[PDB]
2 protein chains.
Amino acid sequence: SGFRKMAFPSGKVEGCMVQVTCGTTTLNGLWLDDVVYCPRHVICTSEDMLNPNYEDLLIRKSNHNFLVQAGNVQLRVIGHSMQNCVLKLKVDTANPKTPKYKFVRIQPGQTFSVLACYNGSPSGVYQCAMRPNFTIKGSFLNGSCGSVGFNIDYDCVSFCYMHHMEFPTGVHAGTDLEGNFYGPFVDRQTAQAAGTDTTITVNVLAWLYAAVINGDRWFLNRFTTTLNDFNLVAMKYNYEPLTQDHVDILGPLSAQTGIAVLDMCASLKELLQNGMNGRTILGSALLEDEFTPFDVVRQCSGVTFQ
Amino acid sequence: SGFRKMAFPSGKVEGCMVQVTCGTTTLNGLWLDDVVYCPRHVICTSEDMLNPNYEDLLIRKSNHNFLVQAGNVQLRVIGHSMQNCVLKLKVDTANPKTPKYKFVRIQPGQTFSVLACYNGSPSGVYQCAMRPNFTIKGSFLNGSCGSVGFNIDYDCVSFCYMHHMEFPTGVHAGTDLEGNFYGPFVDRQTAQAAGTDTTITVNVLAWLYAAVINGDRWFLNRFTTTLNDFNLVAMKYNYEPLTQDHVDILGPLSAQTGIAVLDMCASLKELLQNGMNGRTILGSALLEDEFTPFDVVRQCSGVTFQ
Ligand SMILES: *C(=N)[C@H](C[C@@H]1CCNC1=O)NC(=O)[C@@H]1[C@@H]2[C@H](CN1C(=O)[C@@H](NC(=O)C(F)(F)F)C(C)(C)C)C2(C)C
Ligand SMILES: *C(=N)[C@H](C[C@@H]1CCNC1=O)NC(=O)[C@@H]1[C@@H]2[C@H](CN1C(=O)[C@@H](NC(=O)C(F)(F)F)C(C)(C)C)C2(C)C
């Protein structure tokens, strides 16, 4: 028992990080087979990033202008192209440590692990959620761009995020591995509007199930509710609507604990209307929404990866 | 910016995990050079663990009774010995992925990353603190024993923890890599007394500095205090005494932010006496004590590892 914020093991991704330098700008790249993927603003000077024309800047670059280093070994760049907001550098050497992998675009509310890197070297690993407003609350410093987010399925690494930028309130934004931004953002140093964020209801419910599995059961009440009535109450507290798809995804946790999803919704409704009365759930004094139903299952049932 | 619970990258440790089976009991082992380290209760049946005589049980085992698997490859055991609560299995093959490493015994209040494993395979990574009562609040299921805790310094893995047992309130206990337990515990399935836990004061202060570095500054007051006067107040709230050694360790964060350690102590004192008035610090509604001063520095300054 016990329940912690848990990341995927990072080793398979560690084997793919390199550093990419163009002129005087250095950031991280992801080396898979004979291609290195990295954020396109590696080609910018500081002045360029206030209003860059990326197509124009790349025109004046040739292959040899990109210094790619995998450890102390330089990887010769033999081609390059730009795909939305990422650059793809073809190199003369395939990465022998390339894992089985896919590029996926995750949905809001879904979680992933981030391997935060500087100069091509890993610094740490943490877990994040894609917020409903398509930001993430990460931890990133200068030089972190090209750090990736991922999930693991047995032996397959699903890469879902590459880091590009920080809005001055500690809110982070980036792209999938095809270079398309999550959310209505662009890779330019200028002020930009994000949507109001909301609470990921299905994840809160998953975490309440984790609490029950771990013996923290005080908030369970004797009532049920309808899905409509719960959603009306949750709207007022800036919670996302709970859909039948969400109810179906919660089925394994409901079956394991013997608590109907709508009964847990009745317990959450009381918590929203009355507060926690100074109490904690799984050590937290707030309702936690960055654990998915699968996160709870893989932690509480010990799923491993090859 | 941003501040998250961050683990060390786990790849170097992933390369060292194997599974160890003796009879019908299977758990994890740590394979370094030509030695596999694992908890000694791998030699027990379920009945044995209620009151085991480990020396007696090991007498009747020979090398061939230990099945060690590194992936799908069996490692031939060619010798064995027991060191306190860990077994050491000599194998005929040195692990080619052995990193630079040390075995260290950490002090209470110090943190480490745990790579939770089942059947020799990694499931996830999370960060833990050695509590003042020598327990940890981990997340561990059946088969997790032999999972290790560690810190990383550039390229050197400092192994500090191997997991052995859970007390029925989700409290975990284990040994250093010489098999000596942290705390007054033994590897027997019987009820055992742990000390009252306390709050790690120097870590709370480190986390308040992390808050200031990230722009969360509302709790800073205009007062200072003496070390004596602060410790008198913190005693009442079950906080560990703050020592001059602690004050010295906080120096880098104090210098970076320009807030004297005793001035931060004055701010913490007000928080203890008055509460947070419904407010959060770095997203938390409680004071957090599982970040060390070094944890804050390595996250907020982007220290990497080879
Ligand atoms: C990549 N190495 C960095 C990661 C940043 C650095 C500080 N925290 C992070 O996450 N990415 C950048 O520096 C990008 C990059 C130009 C400027 N930038 C920003 O993140 C800036 N933010 C924005 O411009 C805003 F607000 F629109 F998001 C900055 C003010 C420097 C934090 C480009 C090409 C967007
Ligand atoms: C190693 N694979 C497991 C890890 C346990 C399993 C559940 N959560 C964990 O952390 N270690 C054990 O099963 C050890 C082992 C016998 C029994 N045991 C326990 O952890 C038990 N706890 C205690 O006996 C207590 F309370 F004293 F800590 C159990 C009740 C099964 C949780 C031995 C040899 C101690």
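Reminder, nothing fancy here: chain letters follow the sequence lines and each chain counts from 1. First listed ligand is number 1; within each ligand, the first listed atom is number 1. All heavy atoms count here, side chains included; hydrogens, waters and symmetry mates do not.
- The molecule at ligand 1 is the drug named nirmatrelvir (bound form).
- Short version: main partner of nirmatrelvir (bound form, ligand 1), named per UniProt, is 3C-like proteinase nsp5.
- Chains with a heavy atom under 4.0 Å from nirmatrelvir (bound form, ligand 1): A.
- Residue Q189(A) touches nirmatrelvir (bound form, ligand 1) through backbone and side chain together, judged by heavy-atom distances below 4.0 Å.
- There is a covalent bond between nirmatrelvir (bound form, ligand 1) and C145(A) SG.
- Lab note: nearest UniProt active-site residue of chain A to nirmatrelvir (bound form, ligand 1), heavy atoms, 1 Å precision, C145(A), 2 Å.
- Close contacts of nirmatrelvir (bound form, ligand 1) with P168(A), meaning ligand atoms under 4.0 Å from a residue heavy atom, involve 26 (F).
- Every N/O-N/O distance between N142(A) and nirmatrelvir (bound form, ligand 1) stays at or above 3.5 Å.
- Atom 13 (O) of nirmatrelvir (bound form, ligand 1) is not flagged as protein-proximal [any protein heavy atom, distance under 4.0 Å].
- Below 4.0 Å from some heavy atom of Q192(A) lie the following atoms of nirmatrelvir (bound form, ligand 1), by number and element: 27 (F).
- The part of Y54(A) lying near nirmatrelvir (bound form, ligand 1) is the side chain, judged by heavy-atom distances below 4.0 Å.
- Not a single N or O atom of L27(A), backbone or side chain, sits closer than 3.5 Å to an N or O atom of nirmatrelvir (bound form, ligand 1).
- In terms of polar-atom proximity, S1(B) is not counted as a contact of nirmatrelvir (bound form, ligand 1), lacking any N or O under 3.5 Å from an N or O of the ligand.
- Counting protein heavy atoms only, atom 10 (O) of nirmatrelvir (bound form, ligand 1) is closest to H163(A) NE2, 2.7 Å.
- Any N or O atom pair closer than 3.5 Å counts here, and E166(A) shares at least one such pair with nirmatrelvir (bound form, ligand 1).
- The region of chain A touching nirmatrelvir (bound form, ligand 1) is mostly the UniProt domain Peptidase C30.
- Within the listing of nirmatrelvir (bound form, ligand 1), atoms 2 (N) sit less than 4.0 angstrom from a heavy atom of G143(A).
- Of all the atoms in nirmatrelvir (bound form, ligand 1), the ones that sit under 4.0 Å from a non-hydrogen atom of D187(A) are 34 (C), 35 (C).
- The heavy-atom binding site of nirmatrelvir (bound form, ligand 1) at 4.0 Å consists of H41(A), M49(A), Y54(A), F140(A), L141(A), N142(A), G143(A), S144(A), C145(A), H163(A), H164(A), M165(A), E166(A), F167(A), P168(A), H172(A), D187(A), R188(A), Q189(A), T190(A), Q192(A).
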Could you go through nirmatrelvir (bound form, ligand 1) and list every pair where one of its N or O atoms sits under 3.5 Å from a protein N or O, giving the atom names and the distance to one decimal?
from, atom 1, to, atom 2, distance (Å)
nirmatrelvir (bound form, ligand 1), 2 (N), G143(A), N, 3.4
nirmatrelvir (bound form, ligand 1), 2 (N), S144(A), N, 3.4
nirmatrelvir (bound form, ligand 1), 2 (N), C145(A), N, 3.0
nirmatrelvir (bound form, ligand 1), 8 (N), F140(A), O, 3.4
nirmatrelvir (bound form, ligand 1), 8 (N), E166(A), OE1, 2.8
nirmatrelvir (bound form, ligand 1), 10 (O), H163(A), NE2, 2.7
nirmatrelvir (bound form, ligand 1), 11 (N), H164(A), O, 2.9
nirmatrelvir (bound form, ligand 1), 20 (O), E166(A), N, 2.8
nirmatrelvir (bound form, ligand 1), 22 (N), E166(A), O, 2.7

